[PDB]
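This file shows Carbonic anhydrase 14 complexed with acetazolamide.
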Amino acid sequence: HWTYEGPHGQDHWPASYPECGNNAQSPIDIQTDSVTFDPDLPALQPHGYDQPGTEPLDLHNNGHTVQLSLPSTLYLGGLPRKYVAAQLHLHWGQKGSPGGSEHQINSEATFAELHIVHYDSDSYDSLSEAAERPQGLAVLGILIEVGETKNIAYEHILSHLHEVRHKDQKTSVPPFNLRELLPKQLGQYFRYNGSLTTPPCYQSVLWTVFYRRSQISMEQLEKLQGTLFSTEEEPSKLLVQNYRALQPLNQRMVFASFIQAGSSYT
Ligand SMILES: *[C@@H]1O[C@H](CO)[C@@H](O[C@@H]2O[C@H](CO)[C@@H](O[C@@H]3O[C@H](CO[C@H]4O[C@H](CO)[C@@H](O)[C@H](O)[C@@H]4O)[C@@H](O)[C@H](O[C@H]4O[C@H](CO)[C@@H](O)[C@H](O)[C@@H]4O)[C@@H]3O)[C@H](O)[C@H]2NC(C)=O)[C@H](O)[C@H]1NC(C)=O
Ligand SMILES: CC(=O)Nc1nnc(S(N)(=O)=O)s1
Ligand SMILES: [Zn+2]
């Protein structure tokens, strides 16, 4: 039903999904000269990331992104509640165009963004249930840029895109070290209250966006940008530009878990 572009595109989401028009939405542009340092923000502590179970993980092209199911044995230990892993997925732009990430830092987008989705199992029994509640979800956002060499960790995912080119196709991915999908310096991140960046746009996410970026090769990017289709069959249409436009900060506070010399905040 909903899409990024067209009649049912993002500019029209509010006409079908009211919350998409609300005022504490995601993604946002994080301007470091406006964040507030919070010395009490804990280390994230991803648990079980190195070994996401022993069974093959499902990889699904759902027409809007490619999504990897994750076992609830993985969870984050440094949050207000116990948030267990449910899935991760990606947002990107398109070959020959700039951008592709959802969040921006100091008004600069990167080529793609990885979202690892967790939900509060202390309070709820499923991802879908938690997705509609206040701080029901905790999503980790990793901005992805292009580096000089192939990133093996991301390759564990990218090497399977050709198996799920059509919307709704699925394939299997052997467990791999998920920690390697994360950038360096896990201790430097931003934290704010936001929402799902796709319809229904529920304001249920406690967001964590890392300060440092992960890097994939130029070739891995082109592969991410032009393999999957948004269609179930012919004619085929490439799944591209699946990132939502920036949403107004609307006076929310963005907190930083770190501070350094020359930080634009004190
Ligand atoms: C995302 O949005 C949520 C919802 O708005 C925010 O949650 C609120 O966070 C504030 C923290 O600033 C909470 O208010 C403070 O509560 C302190 C007591 O905390 C305990 O008790 C509360 C209430 O039962 C619990 O929610 C909490 O978990 C603790 O168990 C008070 O000590 C604070 O008062 C002091 O500071 C104020 C300044 O605002 C002074 O005026 C007071 O005199 C005093 O010095 C304050 O009341 C609030 O309870 C939270 N609401 C909910 C529903 O959780 C998140 O902070 C926000 N996250 C981000 C990253 O933006
Ligand atoms: C059930 C569930 O997780 N739905 C989501 N919708 N958008 C998400 S995102 N892009 O904000 O991570 S997660
Ligand atoms: Zn996402």
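This chain uses plain numbering: 1 for the first residue, then up along the sequence. Note that these values count all heavy atoms, side chains included, but never hydrogens, waters or copies made by symmetry. Start at 1 and go down the list; that is how both ligands and their atoms are numbered.
- Taking every copy into account, the model assigns acetazolamide to ligand 2.
- Below 4.0 Å from some heavy atom of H115 lie the following atoms of acetazolamide (ligand 2), by number and element: 9 (S), 10 (N), 12 (O).
- Per UniProt's Zn(2+)-binding annotation of chain A, a non-hydrogen atom lies under 4.0 Å from acetazolamide (ligand 2) in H89, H91, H115.
- The contact set between acetazolamide (ligand 2) and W207, taken as ligand atoms under 4.0 Å from a residue heavy atom, comprises 11 (O).
- For a threshold of 3.5 Å applied to N or O pairs, the pair formed by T198 and acetazolamide (ligand 2) contains at least one separation below that value.
- Residue contacts with acetazolamide (ligand 2), taken as heavy atom pairs separated by less than 4.0 Å, involve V117 solely via side-chain atoms from C-beta onward.
- Look at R244 and you'll find every heavy atom at least 4.0 Å from all atoms of acetazolamide (ligand 2).
- Listed by number with element, the atoms of acetazolamide (ligand 2) under 4.0 angstrom from any heavy atom of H89 are 9 (S), 10 (N), 12 (O).
- The protein heavy atom nearest to atom 2 (C) of acetazolamide (ligand 2) is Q87 NE2, 4.1 Å.
- At a cut-off of 4.0 Å, the other ligands and ions listed near acetazolamide (ligand 2) are ligand 3 (zinc ion).
- According to the PDB entry, the source organism of chain A is Homo sapiens.
- Residues of chain A near acetazolamide (ligand 2) cluster mainly in the UniProt domain Alpha-carbonic anhydrase.
- Under a heavy-atom cut-off of 4.0 Å from acetazolamide (ligand 2), the UniProt substrate-binding residues of chain A that qualify: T197, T198.
- Counting only non-hydrogen atoms and rounding to 1 Å, the UniProt active-site residue of chain A nearest acetazolamide (ligand 2) is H64, 9 Å.
- At 4.0 Å, heavy atom to atom, the residues around acetazolamide (ligand 2) are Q87, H89, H91, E102, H115, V117, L127, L196, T197, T198, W207.
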